[PDB]
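Histamine N-methyltransferase in complex with amodiaquine.
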Amino acid sequence: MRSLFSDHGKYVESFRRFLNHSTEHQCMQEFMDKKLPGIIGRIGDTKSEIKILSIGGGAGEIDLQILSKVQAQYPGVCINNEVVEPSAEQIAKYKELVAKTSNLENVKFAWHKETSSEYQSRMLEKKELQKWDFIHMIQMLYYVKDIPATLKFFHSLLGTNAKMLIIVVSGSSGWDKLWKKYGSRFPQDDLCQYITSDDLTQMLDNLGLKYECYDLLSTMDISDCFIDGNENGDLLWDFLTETXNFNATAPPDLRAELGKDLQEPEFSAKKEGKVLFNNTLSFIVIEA
Ligand SMILES: CCN(CC)Cc1cc(Nc2ccnc3cc(Cl)ccc23)ccc1O
């Protein structure tokens, strides 16, 4: 088999179906509306500029919502939103989104086509480290080589009253169960780390950083995954397994097995007929 990250083709397409078959964005949006305002309430205090660093910003749809909340707390204040993203493709999409979005006059965007790691190296050379008021790393620590070094470095970039938000799947999610029970069944992955909020809180504890973690239930409708002849299902199987052509490249044993307990209370829930895989998310807020 081959990590999904490989075939850029389906990698991007399996994710598309994921969002259309999950509550991932609704969950995040819920967090931005109910919890974020309170979290960023003082990051702009005494500042004539608010610096926001988006690590791993994809097309920026969540980025803009966060910006929305920031502007709401600090009307009139210029916002400098820098985005660190290696994909020239995501950057292009992010830009087009920004161009079609109204009420962004007060915001200056900057895109850095590189990984958080490269960004780190480049900054460490500079005469001095620049501070940020808000840094967010949404669903991307999975693709980082050195997580503790990333957490420690970006936390060191936090200014006075600054905050750092991290989002990854929760340790109580179905992903955690899925990775513990079938982890061995798959080959080593130099392109992806299968970590959850449990791994993060452990690293944060040892790092001695102050943080708070909130969990919000989220679901992934994996119904189509149980219909042999279904294009969408097969795509969901790739995402769910972080594997290129899973059904086609995976031992019938692993396949038949997974498709069995993927319907167990252990991994999913059955409501309205649908099979809802546990996609519970964790929102981690770190203080300067
Ligand atoms: C390695 C693990 N899986 C899930 C636990 C994590 C994971 C990755 C993502 N991000 C993505 C996965 C696959 N293709 C993608 C393609 C694009 Cl253009 C942007 C983000 C992607 C989103 C949610 C999520 O939970």
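By convention here, the first residue in the shown sequence is residue 1. Side-chain atoms are counted along with the backbone in the values below, which use heavy atoms only and exclude waters and symmetry mates. First listed ligand is number 1; within each ligand, the first listed atom is number 1.
Binding site of amodiaquine, heavy atoms within 4.0 Å: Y11, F15, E24, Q90, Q139, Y142, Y143, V169, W175, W179, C192, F239, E242.
Which parts of amodiaquine touch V169 is read off a 4.0 Å heavy-atom cut-off, strictly below it: atoms 5 (C), 25 (O). Close contacts of amodiaquine with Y142, meaning ligand atoms under 4.0 Å from a residue heavy atom, involve 6 (C), 7 (C), 25 (O).
The PDB entry lists the organism for chain A as Homo sapiens. Close N/O approach between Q139 and amodiaquine is found [any backbone or side-chain N/O within under 3.5 Å].
UniProt's substrate-binding annotation for chain A and the heavy-atom shell under 4.0 Å around amodiaquine share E24. Of all atoms in amodiaquine, numbered sequentially from 1 with element shown, those under 4.0 Å from a heavy atom of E24 are 23 (C). Listed by atom number, the atoms of amodiaquine under 4.0 Å from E242 heavy atoms are 1 (C), 2 (C).
Per UniProt, the S-adenosyl-L-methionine-binding residues of chain A include some within 4.0 Å of amodiaquine by heavy atom, namely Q90. Of the polar atoms of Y11, at least one N or O is found under 3.5 Å from an N or O of amodiaquine, judged by distance alone.
Contact atoms of amodiaquine toward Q90: 17 (C), 18 (Cl), 19 (C) (distance under 4.0 Å to a heavy atom of the residue). Listed by atom number, the atoms of amodiaquine under 4.0 Å from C192 heavy atoms are 1 (C).
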